[PDB]
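The model below depicts DNA polymerase lambda holding lamivudine triphosphate.
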Amino acid sequence: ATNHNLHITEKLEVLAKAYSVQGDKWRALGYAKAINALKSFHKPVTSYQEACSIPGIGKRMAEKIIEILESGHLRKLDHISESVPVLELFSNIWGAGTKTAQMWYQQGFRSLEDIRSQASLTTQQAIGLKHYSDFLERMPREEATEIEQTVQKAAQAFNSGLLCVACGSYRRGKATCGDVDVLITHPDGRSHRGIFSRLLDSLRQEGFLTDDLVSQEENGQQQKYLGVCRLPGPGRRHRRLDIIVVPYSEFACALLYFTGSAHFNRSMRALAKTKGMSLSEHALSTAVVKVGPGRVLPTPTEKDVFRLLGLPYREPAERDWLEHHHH
DNA sequence: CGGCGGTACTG
DNA sequence: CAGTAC
DNA sequence: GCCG
Ligand SMILES: Nc1ccn([C@@H]2CS[C@H](COP(=O)(O)OP(=O)(O)OP(=O)(O)O)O2)c(=O)n1
Ligand SMILES: [Ca+2]
Ligand SMILES: [Ca+2]
Ligand SMILES: [Ca+2]
Ligand SMILES: [Ca+2]
Ligand SMILES: [Ca+2]
Ligand SMILES: [Ca+2]
Ligand SMILES: [Ca+2]
């Protein structure tokens, strides 16, 4: 775009973070939409009226946008609770969300050392905690490619016809990635089955996977792996890796889901529901509603899902937000 | 005013 | 079930 | 927070 309201969005984002770490998620959702709407606007907002006219912006947000626009900052930023930056710190641990972070706060911890030395930690959070720094860093797009190639090469050693694709921010074209998302399927509709057993064992053998966060290996029909990998060679960081294995008939919906963004996926699914459909990572489904399951519409490609939702195909680089348009 | 995406693990 | 995650 |  070119954010024409940069000075405004900066400040609303601080505020938004604050609700977000305090656990006030709907409020934080509201801020995020407004903020995207400001960023995409053709010009600096100049009037309260013009602010309210924007979908995503109502009275309370227009008051703020205006106050910032005239007076040059936002009072409310100097009343944010002091606990917020601790709650953010604790929430940046993988596996600890706002509840854990609040529990730790009421136990009086205020730093990661208070966490290590005294807090009770789930298995996941202990892993989250020891890799705190590495997991906060975004990786270059090129390290993501090598991670994906590792997973793919290990998969094709078992079956050369297996399809592997990196999704997430990578597929949306970004320069850096918070974590790598790999989608595996097989066009024969069948040989995706039992992959995780073999694939995980192989990736552990040569030391690439260093920890597992979610991986239900008791289940032969396991569909997801969330864990931690590390490319070989000196000084490499530990990275988050997510792998999903799906049947080929689910490929377009899984691809769409895994490409995201999160906000994009939410809006798509909200749209589907407005049309008596249901959109998931597994399928797009018609005639919903206790509720009734409705039937799967076949969707051999992502274009089919867009078409059935009455939208034009959206290129992966333009899937940051649904309500963001224009070539 | 109530709804705000739909689903998969963990414990 | 609540919590966290994708 | 905003929307229907
Ligand atoms: N709450 C969520 C989270 C993710 N998603 C979907 C499924 S996984 C895909 C990408 O999500 P990630 O959290 O890896 O974000 P991105 O890849 O966009 O960015 P970075 O990893 O931060 O580079 O989005 C979702 O539908 N709902
Ligand atoms: Ca509006
Ligand atoms: Ca966390
Ligand atoms: Ca590939
Ligand atoms: Ca991810
Ligand atoms: Ca990602
Ligand atoms: Ca396990
Ligand atoms: Ca309310």
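So that the names make sense, note that chain A is the first sequence line, chain B the second, and so on, each numbered from 1. Counting starts at 1 for both ligands and their atoms, following the listed order. Any value given below was found using the heavy atoms of this structure, including those in side chains, with hydrogens, waters and symmetry copies removed.
- Counting repeats, the structure shows lamivudine triphosphate at ligand 1.
- Contact chains for lamivudine triphosphate (heavy atom under 4.0 Å, other chains only): A, B, C.
- Counting heavy atoms closer than 4.0 Å to lamivudine triphosphate, residue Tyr257(A) contributes atoms from both its backbone and its side chain.
- Of all the heavy atoms of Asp179(A), the ones lying under 4.0 Å from any atom of lamivudine triphosphate are found in both the backbone and the side chain.
- Between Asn265(A) and lamivudine triphosphate, at least one N/O pair is under 3.5 Å apart.
- When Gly168(A), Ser280(A), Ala262(A), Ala144(A) are ranked by how near their heavy atoms come to atom 27 (N) of lamivudine triphosphate, first place goes to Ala262(A).
- In chain A, the UniProt-annotated active-site residue lying closest to lamivudine triphosphate, with its least heavy-atom distance, is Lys64(A), 25 Å.
- Any N or O atom pair closer than 3.5 Å counts here, and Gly178(A) shares at least one such pair with lamivudine triphosphate.
- Of the residues UniProt lists as binding dCTP in chain A, a heavy atom under 4.0 Å from lamivudine triphosphate is found for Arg138(A), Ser169(A), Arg172(A), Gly178(A), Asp179(A), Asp181(A), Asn265(A).
- Of the listed options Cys167(A), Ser169(A), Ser261(A), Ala175(A), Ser169(A) places a heavy atom closest to atom 23 (O) of lamivudine triphosphate.
- Counting heavy atoms under 4.0 Å from lamivudine triphosphate, residue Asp181(A) touches it through the side chain alone.
- Shown here, atom 15 (O) of lamivudine triphosphate is out of close reach of the protein: none of its heavy atoms lies under 4.0 Å off.
- Distance remark: protein heavy atom present below 4.0 angstrom from atom 19 (O) of lamivudine triphosphate.
- Checking atom 11 (O) of lamivudine triphosphate against the protein gives no heavy-atom contact under 4.0 Å.
- Residues of chain A that UniProt gives as binding Mn(2+) and that have a heavy atom less than 4.0 Å from lamivudine triphosphate: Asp179(A), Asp181(A).
- Heavy atoms of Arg172(A) found under 4.0 angstrom from lamivudine triphosphate belong exclusively to the side chain.
- Only the side chain of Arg138(A) comes within 4.0 Å of lamivudine triphosphate, counting heavy atoms alone; its backbone N, CA, C and O stay farther away.
- Site of lamivudine triphosphate with heavy atoms closer than 4.0 Å: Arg138(A), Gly168(A), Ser169(A), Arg172(A), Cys177(A), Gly178(A), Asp179(A), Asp181(A), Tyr257(A), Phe258(A), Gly260(A), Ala262(A), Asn265(A), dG5(B), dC6(C).
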